[PDB]
Asker: 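Quick one: structure below, then a few questions.
Residue numbers begin at 1 in each chain, while the letters A, B, ... track the order of the sequences. Going by what the header records, the deposited coordinates were determined by X-ray crystallography, 2.8 Å.
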Amino acid sequence: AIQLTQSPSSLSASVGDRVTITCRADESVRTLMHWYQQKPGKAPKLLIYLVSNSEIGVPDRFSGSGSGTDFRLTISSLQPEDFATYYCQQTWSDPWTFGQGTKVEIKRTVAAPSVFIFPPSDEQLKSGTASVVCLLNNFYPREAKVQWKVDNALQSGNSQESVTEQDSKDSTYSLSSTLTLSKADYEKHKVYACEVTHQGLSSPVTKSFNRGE
Amino acid sequence: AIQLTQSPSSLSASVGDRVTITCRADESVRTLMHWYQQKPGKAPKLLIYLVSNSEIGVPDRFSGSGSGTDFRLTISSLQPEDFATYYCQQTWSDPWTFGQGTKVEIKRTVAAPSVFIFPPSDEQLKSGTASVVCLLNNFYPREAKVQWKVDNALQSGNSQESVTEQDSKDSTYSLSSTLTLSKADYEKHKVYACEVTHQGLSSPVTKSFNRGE
Amino acid sequence: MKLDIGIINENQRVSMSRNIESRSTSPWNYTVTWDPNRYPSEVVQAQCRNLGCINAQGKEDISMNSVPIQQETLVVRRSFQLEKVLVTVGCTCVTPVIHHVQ
Amino acid sequence: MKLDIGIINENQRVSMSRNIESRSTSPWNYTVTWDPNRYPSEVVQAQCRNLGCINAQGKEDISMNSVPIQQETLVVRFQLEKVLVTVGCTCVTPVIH
Amino acid sequence: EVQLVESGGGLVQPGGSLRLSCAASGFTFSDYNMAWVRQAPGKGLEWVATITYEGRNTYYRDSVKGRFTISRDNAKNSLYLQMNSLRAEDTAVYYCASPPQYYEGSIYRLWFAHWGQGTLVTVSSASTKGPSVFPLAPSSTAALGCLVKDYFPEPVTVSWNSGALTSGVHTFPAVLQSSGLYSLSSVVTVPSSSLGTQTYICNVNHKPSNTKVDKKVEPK
Amino acid sequence: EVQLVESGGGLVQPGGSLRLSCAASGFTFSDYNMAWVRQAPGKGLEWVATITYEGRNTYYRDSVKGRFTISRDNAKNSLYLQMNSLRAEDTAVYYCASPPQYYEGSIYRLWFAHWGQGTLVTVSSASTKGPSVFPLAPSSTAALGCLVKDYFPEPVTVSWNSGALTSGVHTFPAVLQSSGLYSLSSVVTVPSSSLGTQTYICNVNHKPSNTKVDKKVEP
Ligand SMILES: *[C@@H]1O[C@H](CO[C@H]2O[C@@H](C)[C@@H](O)[C@@H](O)[C@@H]2O)[C@@H](O[C@@H]2O[C@H](CO)[C@@H](O[C@@H]3O[C@H](CO)[C@@H](O)[C@H](O[C@H]4O[C@H](CO)[C@@H](O)[C@H](O)[C@@H]4O)[C@@H]3O)[C@H](O)[C@H]2NC(C)=O)[C@H](O)[C@H]1NC(C)=O
Ligand SMILES: *[C@@H]1O[C@H](CO)[C@@H](O)[C@H](O)[C@H]1NC(C)=O
């Protein structure tokens, strides 16, 4: 089986930059190299066939080049909607093979998160567990620091974070940090605070509530 | 200068037969051999370019073939409107040259001539000369015999004939014999007769008029 | 919008029977579809026959490729409305883009 | 005859910014004409660039020929019109029989 | 034009069986080879199987040989993948794939010009569990949402106001909890003014557990 | 679409001069090489001259070198052939010729995709003479016609009822008589029934002698 290796595995580039992904094969696949683009939760779309020919709807900024064992996909001016994973594929030898994927992310300017905090619903407190949710909306870059504090006591191993995929229009992320407590530990305490630190803020921002109110 | 020689110079075939014309050159013209079709009194129309390619409107039955010094035009099912003279041409060497022409005629069934005779007009008799005209309309083959008789006296060297080109729809010929006399001879005798002999007649046909009436 | 009655050059057409499609180094086959609800009533799609190009001997050279040539056509369908349909008219032979780093 | 307002697939085109016209063994050039009384407003004609085909070296081989590929299109002028379009060229081998 | 519509995924226990189907339309299905391509969660693309247009030949990848069987009807314009002896390594989204319309289908080494939407196949001994949906009430530009907690397997779909509300919506990726169950939040930002006039509902659907929920979110 | 329209032929005496014109239309005249091809009566085709698109190069056949001069006006979309020292071997129909629109005009070795209608150039010391047009009256399906007698040089054209009547028409080739003048007949076959209701007119034109005639034929 021909094993294909794309370089790099991930990359960040500003809108308008030239982006170049290379795909290298064990043996020569002789012009039978194709490229695909897969956006999150969608199927792959064909971009390039037979090294350098593109399908009817493909924008002009995508082009293919290569010969034998060294092939390359090029984006001449990266756009916001080009956030995706790109795959090469060979159809020369019968076990048809894909590259491992190259994840293309978009570099943009700092954007600060807008923060929101959510108390546990009463409906849930019936079930004996309580979830406190903190939202950081539309920020860039992905790196953020979210500390939970119950009665000014820093929490440790009781939270999980989740992040959206980069927005296809404005290239921002959003993030949910979910704090999980027992209805017991939740009622012993009063002050629930989410403290956020990010490159776009003058000083960390803290959203908080008190049981009730 | 490349001299082109087409074979044969003329040929006849029945509707639907396969016809083949050959064109031979001194030196190699490679693939720069072209063919033209010229119908009577019209300009040449292009049929074949670069040995074997056909212009857009050219019927499917015309096809070209050839190599370096031996080229061939083929009509796969000869039709009446294919009556023409066909010319080859090379554009390899700088003095561009044509073949001499191949005249393609249609072989069809016998058709007898419709015969008519025309007295001299009054308008003309003023001028002192008289022309008697005999018309043979739509016959095949071309060979016909037209004898003039003035008072049952056979005329000799005082007539000229003209024949049309083969008709592009019914592939027949037509012919006019014009007999030329002085208003003197025309006004002495009285019976002016045109006698026609043709492969399509069981026995010759004689049309006639008597001066006056 | 009023559609005048009458079609210029209605009689002029192109023959797909020239076997230009098989004398090509990038040969192709044809496919037809008949639809009375549009004009022309017949549409001819081309399909490249090989991935590589062929020579005079008959051998496939896969360092080069047969690729399709495509044209946007106008065909009107019925109360009449234009429709734009993509037609592959035939194939040509190309060499891929090979940059200078092998 | 009444023409409904609207063009299906109005948003769809073929890219000529690929150098396919120049990487072909039967390469060709393009020509444009803008005519305001018709749709499409522009009509694109191709013309084969050589009589022969070019190889990997760049040399013309006149044993084979560049020949045009042609398709009849409909173009509106409102009245229908049929125009001949040369979309590009292919490389062919002459018939030897 | 070319549409491939897959169906038949879902949850199956190891060793079990499952039949995937691909309804083709917009091309002469009977003229082109079809294939299945798979993709395990967060990983890459992996060719599974190919069948020819007549139906005569079937090629498989080594991993699935003897276990999977690719089939076609050609009359119902349909491609099939029968999966038997399923192993945890077959958990993946399975894609139906079709070759280009402008090249002859007799060509074997063609690429994948068209793909279906994909169905998830989850092979796990665990039992489906439907989600609980709690409200994220907007604490007096405003933010509110829904918490979809303690479900398995994937996926969960969240819309707002039955598809009316789409701008400002952020539906987060599922995260595995200690329990081994998934949990996610879906949030949306709206004008503070519309809080008394417009009613906000998130529509949670979990096909594996046949669980639909329309929870209205409103402040305290 | 492509139209090549020639003019300027006619009668010229040996040693005389004549300038042919070809009005082009339907393509970018400025991009393609143009040529003249001639054809003497009853003979074959013979390339005469070629000119390039810009105008810088002119190629001629040996016979016409020094005598003929090919020219073009890319702004009037027009091709010219100045013919001097005209000799009896130049009696011929002269055709304007254009290359195809679907190949690049930089290519020299192109063929003749399009031809003009042709003009006859007759090089002769003899004088123009207009024809007489006598009727060939239908001697009571019937046949009638027109006799065009004693004219020079060629050519004569005959239509019937100003082009309405075309089926059954036979216009014969000119015949040179002893006098050195030409004569031809034009006939048409028609139903005996229309012979009293329908009026039949032959339209003779002889541009060299500026002779136009419309003769009605009746029994
Ligand atoms: C038909 O197409 C070709 C090329 O096609 C693409 O070119 C690009 C720019 C796009 O416009 C694309 O859409 C076209 O399809 C055209 O040929 C090019 O013409 C230029 C300018 O004429 C050529 O550049 C130079 O021209 C001068 C003067 O004519 C010559 O002296 C030069 O020759 C030297 O260089 C060559 C190597 O380059 C040496 O081998 C020679 O010995 C000389 O030292 C040179 O030709 C350029 O080369 C052409 N490009 C190609 C790819 O051939 C052509 O103009 C076009 N026709 C029309 C009407 O548009
Ligand atoms: C395509 O054309 C060639 C000959 O014209 C033939 O061998 C081949 O089977 C054809 N295939 C099709 C039309 O699928």
Asker: How do PDB records name the drug found at chains A and E?
Answerer: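 It's bimekizumab.
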Asker: Provide the name in UniProt for the chain that contacts bimekizumab (chains A and E) most.
Answerer: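 The chain with the most contacts is Interleukin-17F.
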Asker: Okay, with a cut-off of 4.5 Å on heavy atoms, which other chains neighbour bimekizumab (chains A and E)?
Answerer: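 Those reaching under 4.5 Å with a heavy atom: C, D.
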Asker: In this structure, which residues of chain C have heavy atoms within 4.5 Å of heavy atoms of bimekizumab (chains A and E)?
Answerer: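 The epitope of bimekizumab (chains A and E), by heavy atoms, is C/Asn29, C/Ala46, C/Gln47, C/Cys48, C/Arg49, C/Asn50, C/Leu51, C/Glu60, C/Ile62, C/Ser63, C/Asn65, C/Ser66, C/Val67, C/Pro68, C/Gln70, C/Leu86, C/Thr88, C/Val94, C/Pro96, C/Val97, C/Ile98, C/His99, C/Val101, C/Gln102.
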Asker: Counting only non-hydrogen atoms, which residues of bimekizumab (chains A and E) sit within 4.5 Å of chain C?
Answerer: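 Counting heavy atoms, that gives A/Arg30, A/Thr31, A/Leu32, A/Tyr49, A/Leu50, A/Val51, A/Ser52, A/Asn53, A/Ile56, A/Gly64, A/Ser65, A/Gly66, A/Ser67, A/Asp70, A/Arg72, A/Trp92, E/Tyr32, E/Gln101, E/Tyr102, E/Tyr103, E/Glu104, E/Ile107, E/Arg109, E/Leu110, E/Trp111.
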